[PDB]
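Caption: PDB structure containing nevirapine.
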Amino acid sequence: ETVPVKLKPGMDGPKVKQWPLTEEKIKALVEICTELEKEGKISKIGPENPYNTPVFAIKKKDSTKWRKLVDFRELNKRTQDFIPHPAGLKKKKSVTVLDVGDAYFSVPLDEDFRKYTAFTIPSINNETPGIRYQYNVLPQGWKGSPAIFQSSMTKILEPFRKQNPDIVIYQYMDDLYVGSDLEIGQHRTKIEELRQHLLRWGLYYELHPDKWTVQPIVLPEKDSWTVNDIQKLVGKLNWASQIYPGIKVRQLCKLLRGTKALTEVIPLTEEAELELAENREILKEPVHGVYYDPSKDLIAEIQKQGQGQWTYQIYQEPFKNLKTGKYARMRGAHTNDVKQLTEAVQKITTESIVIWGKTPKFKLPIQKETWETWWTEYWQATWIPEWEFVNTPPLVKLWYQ
Amino acid sequence: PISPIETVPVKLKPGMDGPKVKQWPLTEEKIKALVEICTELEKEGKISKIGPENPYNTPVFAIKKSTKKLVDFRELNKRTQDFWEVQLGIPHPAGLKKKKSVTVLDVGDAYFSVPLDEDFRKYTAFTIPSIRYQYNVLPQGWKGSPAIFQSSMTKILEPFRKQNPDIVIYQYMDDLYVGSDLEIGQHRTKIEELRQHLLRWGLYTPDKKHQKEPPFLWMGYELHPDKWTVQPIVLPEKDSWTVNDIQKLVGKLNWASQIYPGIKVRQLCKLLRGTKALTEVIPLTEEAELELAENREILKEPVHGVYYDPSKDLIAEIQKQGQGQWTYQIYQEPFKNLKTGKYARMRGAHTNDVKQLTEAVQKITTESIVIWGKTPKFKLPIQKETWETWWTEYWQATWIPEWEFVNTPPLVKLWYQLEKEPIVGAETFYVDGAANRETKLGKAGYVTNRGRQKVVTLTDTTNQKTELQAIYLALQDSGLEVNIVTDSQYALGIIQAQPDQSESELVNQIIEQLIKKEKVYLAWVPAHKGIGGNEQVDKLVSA
Ligand SMILES: Cc1ccnc2c1NC(=O)c1cccnc1N2C1CC1
């Protein structure tokens, strides 16, 4: 049978529109889509269905195979409401991620809700009308899916949980998060073990939580200080003063009284030396009393430092960061800000799941057109977060550098 | 011409309900026209009689002047559910691939040949003033007819498409362009197979005798199956020129700027200043007579292009045609263009050629992906070095697809660079600016390590305006090198961004000074703190 489902009061189905895709991506979606038609997963629809959501194709970890990906961000917000996230997982030692989108194909979708899932495959140069289809079973990427299929999920995970009662399994949309403390060899296998147990009903990258913190701010150490040098330090210090209110700068400012040359080297009094020492000592730890509020939204802001570096901060309330960090590089595409920014977005969303089990609202230092033209060329997750574009201040970065 | 095609289920918006509009009691003069019309119509299948059960009704008319019927369904439209948008984007010449032959079938009264949802069918009721009838096919001008017809059309072609994969069909409006690579006899033959096929499902199309001939005009171009052309347009001449007149000329010349070079409309455009009415007559000036001439010649040269060849690389080259303006062309064989265009001087709050060039590229890449589903290899008037230098010093994320340098002045460069560190032996100015928010009265100025200093009163100003002013002064009154320290993170940003183009008079005056200097180092400090230097100017620009 099929459990009924509805949109929230007053809401109507999405009517977003289809971005154009490259040739390579269209061909692939046709192959993929025909097959699913043969199997009765999807059905061509009429012009009497006015709804629509965008779709595209990605490559995964490394295969030559493509994966269909539908952006239900919108449909999800309009879908009605319906586990209690495991504090453990985060404190674990090694989490591997598995894609279970499949399981949903084995379940019928209440036909009244089906129209809402309509989507369209484009055609090059508009020579052909698009190809329209709507889902007949539970569709990957949708919010309702994981819910409606939990009764079955635990049921199958029932045994393995019992067997290994010290490994944590948390689910998020199409992903399954498994965490243990075993040797990174008998860990990698216990996983596979599941890969097979999981494959008896029918389905088919090592993270490391213990090192995700709120990295400390540092200050420059100098041989000899100059006016420029001091001014700069006062600038940064002043900023930080907002977080740590006990930070002082009366003694450092005193050294600048006058209207001197910018390069003029200045000697540090014993007073300034103290101020520094103290300030340095106040910054050896994150600020006090910062706690996660679940009746608010997670926010993530990112700065570009250059040379392949990017810094970020996840917070709920200004100046009270829950976590901060930096993402760089490891052997890949030598120079493509866009690729890097996408990757960075994925890394951050992941943690926000591991820890809090929800996605953060991004603030991207880039331009809409640039972002929308290319991000898909490098995406890799079954999920997609929310985001907006901005004009990064000057300090902000200088501060985190 | 009734169709054996399954119908599309329809419904009225939720809550809404069928029309029940009265029926005019017009003369029997027109009646007999209707009686007949509707009868053949009836026995043609298109309509059917009814009676007691259909309480819905829409006004029907009979029209004389065509010297030999018009039902109005507006009220039924704002009742019908919404349908899926009909293809709004359409093919562009440069996207097609060459053919041996091309024919265009004319799906005439395609509309009236398609069934109407038996269910929904009732609401299309209308009575002939003293017979009740019902529509059975898609009515002229009814909300869903376009959308529904196009689809039905799509189905009917499905098989045929599968079996003749080397054949290519384009549905548009009431048209079917079909081209191929077969021989002229074979091609003629296939077409006739389509006709019958369509004929098979109740959709009639004229024959090879009553057709339409190549080339075909498509949004400005003339199309042959082997190549395309742009009909040389005409610019009338006369004494009388209304504003309206002049506006139109500008429009035409403007579109041709895309295809033809050296087209200009400035002096011809500076002719609408002040105009009081569209019927007003502006005396054509001289430069506006001279320009109008140069354009006429240039417009006499014919322009020929070619189609797309899937087995060849795509390549775009761009040019700096003056500030904010750019030109581009795309080809596959040197000299043989596919398409070319122009981008009007985007004008912002502050940018530079490197930033601008970046957008042009982006726009072209978006364009390309839609025409060909690919992106060309770029050839640009910029140094690879210039690009690496900007890439690292800029905060926003930025990128350019594979490209290669093409020395071809004017190249696009950076008009000035900021020092990464302060300068030894250069004067040092501390500048400030303050303005009241209730009176908008302000003060700008500076102090230096060389004794000197200046202040300046302002009117109708603001915090960011005066703050920028202080900087201009300093830049203005000094040697070829300088160290400048301001407390406005606002003004820092604008400049840190090495802008070279802007709409603000002041920003430009500054950009100019900046281009001049030999070395410049801009520095920032918190405002209103103790910090020496800053607390001097702080005091002088207050009152
Ligand atoms: C107007 C139009 C729009 C889209 N495609 C075409 C046409 N018309 C043609 O004349 C044509 C010319 C060259 C290549 N394809 C063409 N055809 C395709 C059908 C063979």
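In what follows, chains are A, B, ... by sequence order, proteins preceding strands, each numbered from 1. This deposition comes from X-ray crystallography, 2.8 Å. Numbering of ligands and ligand atoms starts at 1, following listing order.
Structurally, the greatest contact with nevirapine (ligand 1) is made by what the PDB entry calls HIV-1 reverse transcriptase. For nevirapine (ligand 1), the other chains with a heavy atom below 4.0 Å are labelled B.
Neighbouring residues of nevirapine (ligand 1) under 4.0 Å (non-hydrogen atoms) are B/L96, B/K97, B/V102, B/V168, B/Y170, B/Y177, B/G179, B/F216, B/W218, B/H224, B/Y307.
Source organism of chain B in the entry: Human immunodeficiency virus 1.
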